[PDB]
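Check out this one - bedaquiline stuck to ATP synthase subunit c.
Labels below follow one simple rule: chain letters A, B, ... track the order of the sequence lines, proteins then strands, and each chain is numbered from 1. Every number for a ligand or one of its atoms is a count from 1 in the order of the listing. Heavy atoms only: backbone and side chains are in, while hydrogens, waters and symmetry mates are out.
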Amino acid sequence: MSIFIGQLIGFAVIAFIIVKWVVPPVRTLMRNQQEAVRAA
Amino acid sequence: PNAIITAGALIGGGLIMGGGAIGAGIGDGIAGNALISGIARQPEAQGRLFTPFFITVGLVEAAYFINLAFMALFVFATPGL
Amino acid sequence: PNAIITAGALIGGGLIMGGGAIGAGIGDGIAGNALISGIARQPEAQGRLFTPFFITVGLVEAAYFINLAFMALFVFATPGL
Amino acid sequence: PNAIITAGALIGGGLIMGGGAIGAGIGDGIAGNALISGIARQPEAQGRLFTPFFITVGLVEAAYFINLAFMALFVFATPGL
Amino acid sequence: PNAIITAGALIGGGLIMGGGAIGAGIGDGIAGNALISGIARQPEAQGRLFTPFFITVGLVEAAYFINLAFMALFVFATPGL
Amino acid sequence: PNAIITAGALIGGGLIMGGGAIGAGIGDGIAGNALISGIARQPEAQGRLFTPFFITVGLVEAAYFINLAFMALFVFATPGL
Amino acid sequence: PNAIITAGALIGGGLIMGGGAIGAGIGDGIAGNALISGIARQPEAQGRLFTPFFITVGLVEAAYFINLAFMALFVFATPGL
Amino acid sequence: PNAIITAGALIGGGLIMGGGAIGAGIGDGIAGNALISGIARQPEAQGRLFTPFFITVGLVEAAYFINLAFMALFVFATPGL
Amino acid sequence: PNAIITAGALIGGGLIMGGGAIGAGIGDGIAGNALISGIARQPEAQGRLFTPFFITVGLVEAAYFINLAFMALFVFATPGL
Amino acid sequence: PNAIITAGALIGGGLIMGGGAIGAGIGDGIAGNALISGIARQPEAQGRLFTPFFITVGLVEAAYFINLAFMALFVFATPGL
Amino acid sequence: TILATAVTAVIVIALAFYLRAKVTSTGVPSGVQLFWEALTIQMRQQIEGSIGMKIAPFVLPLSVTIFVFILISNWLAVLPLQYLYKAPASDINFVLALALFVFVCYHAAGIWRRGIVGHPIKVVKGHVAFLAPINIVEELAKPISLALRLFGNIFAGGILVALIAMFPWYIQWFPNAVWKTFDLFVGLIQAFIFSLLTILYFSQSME
Amino acid sequence: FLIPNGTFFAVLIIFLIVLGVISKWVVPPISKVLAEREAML
Ligand SMILES: COc1nc2ccc(Br)cc2cc1[C@@H](c1ccccc1)[C@@](O)(CCN(C)C)c1cccc2ccccc12
Ligand SMILES: COc1nc2ccc(Br)cc2cc1[C@@H](c1ccccc1)[C@@](O)(CCN(C)C)c1cccc2ccccc12
Ligand SMILES: COc1nc2ccc(Br)cc2cc1[C@@H](c1ccccc1)[C@@](O)(CCN(C)C)c1cccc2ccccc12
Ligand SMILES: COc1nc2ccc(Br)cc2cc1[C@@H](c1ccccc1)[C@@](O)(CCN(C)C)c1cccc2ccccc12
Ligand SMILES: COc1nc2ccc(Br)cc2cc1[C@@H](c1ccccc1)[C@@](O)(CCN(C)C)c1cccc2ccccc12
Ligand SMILES: COc1nc2ccc(Br)cc2cc1[C@@H](c1ccccc1)[C@@](O)(CCN(C)C)c1cccc2ccccc12
Ligand SMILES: COc1nc2ccc(Br)cc2cc1[C@@H](c1ccccc1)[C@@](O)(CCN(C)C)c1cccc2ccccc12
């Protein structure tokens, strides 16, 4: 049980980090490609 | 008894991981040096250098982690016991 | 008895941390050499060069953290025994 | 008894594989330095620089996996026994 | 008895400090080299390069301190007893 | 018993091959770099450089095989057993 | 008896002074190379360029002294004797 | 008895050839690097640059053979048997 | 008996000079490399370049002789004997 | 008996000569590299460069030969015997 | 283990299903279109750079399936199933099947190109005849290098996630978080490495 | 842990299943799409 408690805490931490730092640039690049397709 | 063999196995696996560590660290550094230097010479080259970079970093790591796959084999699965 | 395996474990963990520290220091240093020279060459590239630098440092420090983990394994968990 | 021989075989094999990882990593990295720097300083060369690189990496891997090969012989067959 | 463990423990602590010091000296030098060459190429560049440098040093020296801690654990706390 | 003489041998041989691997691994690289960079800078010279290269490796490899040879001598033939 | 402890302690202390001396020599050399080259390329620099040097040397040589101290601790005040 | 001395002899003889092969391989590779990077500039350099290279390779290899000789002296007709 | 401590002492002392000679050779080689490169790229600066090199080597050798002295302490006047 | 110390002595002499040979080979190589590189450029310079190179080697081998000498002390006179 | 891989096959298959549903060449692409297209176009620019799409087009599907397969495997290894899931590459069987199939495919394509009587000798003699006996080890190295690497790294994680679990939970959350954070990156990089070296081995196998 | 079993053929079969799925479903429509984007450009 205990290692699961720590695991879920850690998974929340990693999801937090990706959501805050990694997701914005990824989605912005995806949106840039999306709009560049929107040109045609 | 088996204890002698196991002490030897820990020592051997330690040599494996230590050499792999030296190799992988120094190699990843030598590669990152060329990468940083190219990006300093051409700030726009970043999108281009990732290809030759990870070709290197992998072929470098292709030692360390391989050693690691054998390290466990010595420590956790002692041959010839 | 177990004492011998423990002694082998201390020695092996020492070799692991030794190789780890050699690799980590020399690699972070080579990367820093590239960064220092590039920031000496392009005062403005600082923000772009911090990226490949943290990537290289991340790889080498991953090697060192894996080595530290297997050191804790040898010394405290002492496989076999 | 033959336990000592087994411990020695593991230790020597570990030395083999560790030195192999050191050399292979550092060599692949030094080669990647030339590759990355050439691809940074001229991208049209990406087609040709891949030729000597794997000519050299091959010479380096063809050391690693040879050492590893003998390492297996050390650990699984134990030549002297 | 504990005697063998303690002998191995001293040997391991020494291997740790040794690898650590190799890494630390060579890395601090590789950083000072970029710093010196840059400060030669640009006298007024000091106030920039010290930032990447104390960064690089901070990594390399950290590899030392951690080792210096664990050496104590090996030698002045003797795990496994 | 006489087993000890073999044990050190399997250790000793590793020091011949493993360190040899280092000389093989880095040298094949440091040379290829000078090759690769040439192919980057002076593309027409791809033929000329191959001779200064094959001699360099020709020497470096000359060590490795020799070590390999004596490796077998330690492991299979076991002097003074 | 404790004799084995003193033997291990001398081995460890030798490893500490050894790694320390490797780091010291090679790092002071990598620094002095930047110094010689920087006083060739910019002969007036001698005044400012000594300061960064005294920094990197300060970090390398210190790693030696902290090493040379702990050797003295290993051998003359053997932990756990 | 003689067995222990013989094992020590093979181990020392492994160390000696290993260090020798390391020095020889890396030095020969560095000399080859200088030669290859020089012959890259102007072809007419060949017959000229061969003179220093065979000097460097002459000294570097001059270490290996000498070490190799001492290697035999350890393993064949070992001191103190 | 005293045999074990003398053996450990000799082994440690050899490690001391091995590491010392690695440091000294590679360090003074790098120093001489900078000196040669500078006296090539700037012969007018010859008399300048000799001032730092004797300083640089002075530190490198300063470490090695210090090591040899401690070697005499380990081998002849073994601590703990 | 003195057999134990003799094994330690052979191993220690091997360490002395190994580190010495690593240093000598890599140092002669790094010096010859500067020589070959400063003779590829401006060959009329060569007569200057022989003065510092033979100085640098003079130091490198000054470390090596004396190492060999201390080896002869460990192996043929075995301090503590 | 087979179930740990079946989950990844079904995710990748459902993604191909979603693409088959969504694709639009006129309109604005959804996420799945952009991910698929970026991977395909990267590998296509790579193969175009060395062999040319017209000589060896059959490598693109293999490369992309390898990349998605191992990438999804490693990323799924991150999800907090710790307490059944373990990365499949942790088992030699998976990495062996993958590397061995890559090996047999590109070698059989070389044979198909030059012929069964022609390709082996040309591969042995390789780039420089003086290296003929090394090329064999360079050849025999090609598959093994692929396998023991992808194993060695992901296995290195499978153990470590367990070793960290040795901690108490409060200490545990920090190393596990850092490790998985950088393990996403390391798995992605090893996938890119596997695919790119597969492409390069195909290329040099043709010439 | 380096001794294979029948797990091997199972992973080879599932990997080839995914490969067929991809080669038929994914690659063709995306190549057609790349061509049509190069046209509309
Ligand atoms: C910069 O910090 C990092 N960056 C990483 C980047 C990538 C990866 Br994959 C792992 C990284 C891990 C870390 C630390 C860390 C964070 C969490 C847990 C364990 C370790 C670290 O390992 C860094 C030391 N470095 C220089 C060797 C560490 C180890 C031991 C004691 C420390 C004391 C103080 C500070 C750091 C300490
Ligand atoms: C071509 O390379 C060489 N050049 C040399 C130059 C001088 C001298 Br005197 C010896 C040389 C020997 C070789 C090889 C060779 C090829 C064929 C036969 C014998 C030797 C090699 O040594 C490769 C080592 N490399 C990769 C670090 C080797 C040794 C042993 C077993 C091998 C098995 C497979 C492949 C290579 C094998
Ligand atoms: C620059 O120094 C550092 N940088 C770091 C960078 C990152 C991290 Br995370 C930890 C760092 C820690 C330090 C010192 C320190 C400062 C305060 C307390 C404890 C340790 C150090 O450990 C460094 C030794 N170096 C120079 C080989 C030290 C220990 C003992 C005696 C010293 C005597 C003199 C100088 C440094 C001394
Ligand atoms: C380059 O050749 C040399 N240059 C020297 C230069 C200076 C001095 Br002082 C001694 C030198 C000695 C030699 C060779 C030699 C050849 C024949 C007889 C005696 C000595 C060598 O010892 C070199 C080993 N290298 C490659 C690590 C050798 C020994 C054994 C087998 C070899 C097989 C192939 C090639 C060289 C072989
Ligand atoms: C120039 O040499 C030095 N520079 C130093 C620099 C700093 C310091 Br702090 C100590 C230094 C010490 C010396 C010599 C010395 C010895 C005894 C007394 C005084 C000076 C030396 O120990 C150096 C050997 N080197 C290669 C390690 C030596 C010993 C034996 C034979 C030699 C033969 C020839 C030359 C030097 C010889
Ligand atoms: C430059 O020298 C230093 N720089 C340091 C830098 C940082 C720190 Br924190 C400690 C430093 C300490 C010193 C010396 C020292 C020793 C005792 C007391 C005071 C200073 C030194 O320990 C350095 C050895 N080097 C040269 C390998 C030394 C010891 C023995 C003999 C020497 C002979 C000659 C020169 C130095 C000698
Ligand atoms: C180049 O020769 C030197 N230059 C020096 C320069 C400075 C100093 Br302070 C000491 C130097 C010492 C020497 C030789 C020497 C000269 C005289 C007597 C004893 C030893 C040497 O020790 C060097 C070995 N090298 C090449 C790895 C040697 C020993 C044994 C056999 C050799 C065979 C061939 C060549 C050198 C041989």
Open item on the list: Do you know where to find bedaquiline in this model, all copies counted?
Closed with: ligands 1, 2, 3, 4, 5, 6 and 7
Task: Chains in contact with bedaquiline (ligand 2) (heavy atoms under 4.0 Å) - done: D, F, K
- [ ] Extract the binding site of bedaquiline (ligand 2): heavy atoms, cut-off 4.0 Å.
- [x] D/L59, D/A62, D/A63, F/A24, F/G58, F/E61, F/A62, F/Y64, F/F65, F/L68, K/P133, K/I134, K/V137
TODO: Tell me what the entry calls chain K.
DONE: ATP synthase subunit a
- [ ] Identify any other ligands or ions less than 4.0 Å from bedaquiline (ligand 2); say none if there are none.
- [x] ligand 4 (bedaquiline)
Open item on the list: Would you look up which organism the entry lists as the source of chain F?
Closed with: Mycolicibacterium smegmatis
